[PDB]
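Structure showing BMS-791325 engaged by RNA-directed RNA polymerase.
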Amino acid sequence: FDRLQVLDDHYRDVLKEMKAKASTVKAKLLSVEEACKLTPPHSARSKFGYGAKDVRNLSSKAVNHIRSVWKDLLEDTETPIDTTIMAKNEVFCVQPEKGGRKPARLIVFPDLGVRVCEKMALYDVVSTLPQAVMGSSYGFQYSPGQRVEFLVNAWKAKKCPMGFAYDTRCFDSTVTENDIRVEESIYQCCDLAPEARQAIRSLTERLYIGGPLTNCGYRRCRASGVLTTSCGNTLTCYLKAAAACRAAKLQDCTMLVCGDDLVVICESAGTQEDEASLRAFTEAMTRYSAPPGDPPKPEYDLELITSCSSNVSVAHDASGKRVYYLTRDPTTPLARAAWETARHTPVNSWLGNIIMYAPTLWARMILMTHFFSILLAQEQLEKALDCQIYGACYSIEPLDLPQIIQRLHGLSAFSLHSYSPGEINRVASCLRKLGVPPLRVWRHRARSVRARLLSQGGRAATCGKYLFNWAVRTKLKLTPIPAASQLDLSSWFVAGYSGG
Ligand SMILES: COc1ccc2c(c1)[C@@H]1C[C@]1(C(=O)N1[C@@H]3CC[C@H]1CN(C)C3)Cn1c-2c(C2CCCCC2)c2ccc(C(=O)NS(=O)(=O)N(C)C)cc21
Ligand SMILES: CNC(=O)c1c(-c2ccc(F)cc2)oc2cc(NS(C)(=O)=O)c(OC(C)C)cc12
Ligand SMILES: CCCCCCCCO[C@@H]1O[C@H](CO)[C@@H](O)[C@H](O)[C@H]1O
Ligand SMILES: CCCCCCCCO[C@@H]1O[C@H](CO)[C@@H](O)[C@H](O)[C@H]1O
């Protein structure tokens, strides 16, 4: 029966509350220049004789064509807009050389001109509306450290906490026409410029609801930009879930939403009562056309909930105080890093894993040790690497890792010890399974890596001091690494990542 959507009073009530909050948002219509500057340098070429760089640093051909696309969006409210379907080759896969089928992910996008028009009309709404509507439930406002703080405080707030994760399997292609229209109705509640209001209506009717796809066919999958798709999915999932919490009569809910991924922390009503409540929640979500991947399970320990491939775990700082942090099973991070040891990638998953999971036993002992050893050998500590973290691609120098880690995780990230036996066992058994040397070997290797870094001075010695303080018996004190704004001077006089 594919997608069949049934909307009730709970859904309608939550939508009114969302629209009432949306009404307090005043969003601005970006000029051609403002939108052009937001174009990524490696954004796909237009079929109209220009393509990134030209748009990015303003060009007569690019700007005048994008102004005609804009005029057409304001004047035509129904003609379907075309989208291109392309195969982007896979990174962690054996790629045929001198003939063969190339493993690839498929990407669907409108012409570059349309993409800049979408930014003019929606960038300010997508970057302001979700937080204004969902508040603390909006998952993309948090750093790993702030996210864990939010979760733990929500868990501690309950008399008898219960929590569960709910994941909607492949929604990005299966997005209903209704969901797209409901999203638009929320965006329309903002204080928009009249041209924005029309452009939003045209884009939703001509592009977002569906349209033709070419190098052909017709698509009903998301053709919006990353920021637009993210906003849409999060608002839709929040709407359906907040309504489903009411239908399931869940008490004192705290939700955390990241696109299609969600977590609810509420008050337990007893084992069998909670099991019934979750069945109720799932029935409501399924009726709202958001069925689960795996049926949700009530959890009574925060550590047992897995969401966005991660779970909360405990460690202790140097003073013995409990420190909470996000971790994950290290099999895929290690397997991808093994690949990268043999072959250079444009993603540098190892570096992204060190940044996302810096407090973890496996990122500190294995990934930092192994890659600093390689960088020392190759004399490439200074070389900025392109690193993909979630959406974006960042250029990161390994020498700036202490500063980055402190910003995202806090100073405790460098002093953690007394990790949970279960967490250690997951790491240890994983090393045995993959043929990786045990943790005792990594300590020996890190003492040598730290020594070589210290001898190099500057940022290299700060990497030695902060990142490998776990490897020495006689530990250094470790004070916060000061930001350029704290020092009260320009980033030009501050080595590495300063505050830009
Ligand atoms: C499929 O999933 C995985 C996952 C992990 C590993 C492998 C495969 C690779 C099988 C192993 C291997 O033997 N390798 C050698 C060395 C590194 C890795 C990849 N490389 C292309 C060839 C076993 N093996 C893996 C890693 C990873 C390297 C990146 C950072 C994280 C650890 C190792 C790191 C050091 C040794 C280590 O030092 N082993 S040792 O002491 O027995 N010896 C000196 C080689 C062995 C490793
Ligand atoms: C809705 N779920 C969440 O927001 C997340 C949870 C979580 C895990 C267990 C729970 F019990 C509750 C939440 O863990 C995460 C880890 C990351 N990445 S990271 C490791 O880089 O921080 C994340 O960042 C991206 C997607 C923005 C979002 C979440
Ligand atoms: C160590 C475990 C991870 C695998 C590392 C090997 C990476 C495979 O990489 C492959 O190498 C071939 C030979 O140059 C190329 O022909 C392929 O295009 C490439 O995908
Ligand atoms: C795995 C992450 C679980 C998060 C638990 C947050 C609640 C912490 O709770 C604390 O636990 C301590 C345990 O020794 C007790 O001493 C404290 O009294 C209690 O408030």
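Along the sequence shown, residues are numbered consecutively beginning with 1. Note that ligands are numbered from 1 as they come in the structure, with each ligand's atoms numbered from 1 the same way. Header entry for method reads X-ray crystallography, 2.8 Å.
Counting repeats, the structure shows BMS-791325 at ligand 1. Heavy-atom contacts of BMS-791325 (ligand 1) within 4.0 Å involve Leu334, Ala335, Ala337, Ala338, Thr341, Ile366, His370, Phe371, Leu434, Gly435, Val436, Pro437, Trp442, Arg445.
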